[PDB]
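Here is the structure we will look at, set down as structure tokens.
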Amino acid sequence: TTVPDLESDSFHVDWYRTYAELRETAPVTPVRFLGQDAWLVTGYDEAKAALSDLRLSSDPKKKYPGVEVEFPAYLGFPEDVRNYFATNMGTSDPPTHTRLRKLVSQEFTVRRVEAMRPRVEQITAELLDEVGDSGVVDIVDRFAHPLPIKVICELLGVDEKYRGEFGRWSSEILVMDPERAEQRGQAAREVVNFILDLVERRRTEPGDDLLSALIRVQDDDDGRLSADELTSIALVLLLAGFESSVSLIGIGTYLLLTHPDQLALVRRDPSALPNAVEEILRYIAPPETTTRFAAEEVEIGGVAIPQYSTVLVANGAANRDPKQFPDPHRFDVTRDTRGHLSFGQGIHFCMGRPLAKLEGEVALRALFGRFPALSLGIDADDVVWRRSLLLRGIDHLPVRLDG
Ligand code: HEM
Ligand SMILES: CC(=O)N1CCN(c2ccc(OC[C@H]3CO[C@](Cn4ccnc4)(c4ccc(Cl)cc4Cl)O3)cc2)CC1
């Protein structure tokens, strides 16, 4: 039987049509990717089931007798840089996952996030002043990208004379191309080196930022974060702040710009914004794929997945499963979006949801509430989508401010 190759253009060009074709045939099928066999889950019920079954591990560090685990997200990473990337909540299983998440949740709170609202609003205003009131600009470079970066750097106590470079490395890591495995491995070593220096500097000069708080957080029973745990968690938070919300804002802008009717609703009624953000996430989920490792043989949707198999849960495909979302390919800011898998599901449910929703709502409201005639600078079909199954997005988006 023909086995799909996630590297082919079928998974990067009008790819939701490809997912729909595989789903109708089999919501759980074997695929090829980066020279390795794996299983792709595209059905909603199957994806939800997979993410809820703890026999499917999230820890790339675990060793199993006679098997060589090589996960996509760590293509080209030397073993030591891999460990620095994989010693945090997202890359661990209970009970380790449990204590790491409890310690971090003590400081990465809704209160702390809400306290940043005025600042996020100020930063948004300043960036929009800087773009002008007429002409064509790349809204990604001048807005969608700088906003989340400034926010996450103030949250983690990262200086300006350190940014710019980091963003160059982040971008390389989002693409998984075997021809550039070496450059990817090099960019990853750069980020590890940067984080190590940042942490050490913070231990020496404490502040009221999140990294400082994480450094002294401790619990009677759970103790405190080890040096390695601290380092990996900081790395992962900065990485998420540098790339996740950029996709949301850029993709969000492109969608509202290509659905005039939908944009009107938002403009007409502001209370319709929070749900618009949820539908945007539902329609084109940035984390198109999340990975799991079958520590035991598991059955998903009637299909038996052999032990030691790599499972790619396609969060994005599941969001377009007609069985859960009627008329899936229809972008509708009013539909009921409950249950989408863009923020995950279960114990690893994304801890940054509050921050992402804040940035998304504030940015889009300000952007469109300030450029009534804002329109796309190019033809809708000419937009270039980033070729990443790790984090989908738009790197360049020209828009005409004055119409
Ligand atoms: C558009 C924005 C975002 C989306 C769509 C998103 C999506 C996701 C998804 C799907 C997962 C679960 C992955 C899995 O099950 O393996 C996840 C986990 C996580 N995300 Fe996000 N995320 C976003 C923003 C953020 C932000 C702003 C931060 C932090 C500054 C962040 C921090 C995390 C962490 C720490 C985890 C691991 C949670 C755990 O394993 O317990 N995310 N995110
Ligand atoms: C077994 C295996 O291969 N692994 C690969 C993916 N895994 C993972 C890793 C980290 C994670 O914290 C979210 C931190 C970690 O994940 C990213 C993706 N992300 C963004 C927001 N929420 C998730 C991320 C991760 C890796 C790479 Cl290379 C790039 C990026 Cl932007 O940011 C949560 C889960 C778990 C499964």
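Since chain A takes its numbers from the PDB entry, the residues it shows come out as 2-404. Indexing begins at 1, ligand by ligand and atom by atom, following the structure's order.
Among the choices silodosin, belumosudil, amprenavir, ketoconazole, what corresponds to ligand 2 is ketoconazole. Here, the main chain in contact with ketoconazole (ligand 2) is recorded in UniProt as 6-deoxyerythronolide B hydroxylase.
With the cut-off at 4.0 Å and only heavy atoms counted, the binding site of ketoconazole (ligand 2) comes to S59, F72, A74, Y75, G91, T92, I174, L175, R185, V237, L240, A241, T292, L391. Among all non-hydrogen protein atoms, the one lying nearest atom 5 (C) of ketoconazole (ligand 2) is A74 CB, 3.8 Å. According to UniProt's heme-binding annotation of chain A, no residue has a heavy atom under 4.0 Å from ketoconazole (ligand 2).
Residue, atom and distance of the protein heavy atom nearest to atom 22 (N) of ketoconazole (ligand 2) are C351 SG, 4.4 Å. Per the PDB, the organism of origin for chain A is Saccharopolyspora erythraea. Closest to atom 11 (C) of ketoconazole (ligand 2) among all protein heavy atoms lies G91 CA, 4.0 Å. The protein heavy atom nearest to atom 36 (C) of ketoconazole (ligand 2) is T292 O, 3.3 Å.
In this structure, atom 27 (C) of ketoconazole (ligand 2) lies nearest to the protein heavy atom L391 CD2, 3.8 Å.
Annotation: atom 1 (C) of ketoconazole (ligand 2) to nearest protein heavy atom, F72 CD2, 3.4 Å.
The nearest protein atom to atom 31 (Cl) of ketoconazole (ligand 2), hydrogens excluded, is given as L175 CD2, 3.8 Å; this is a heavy-atom distance.
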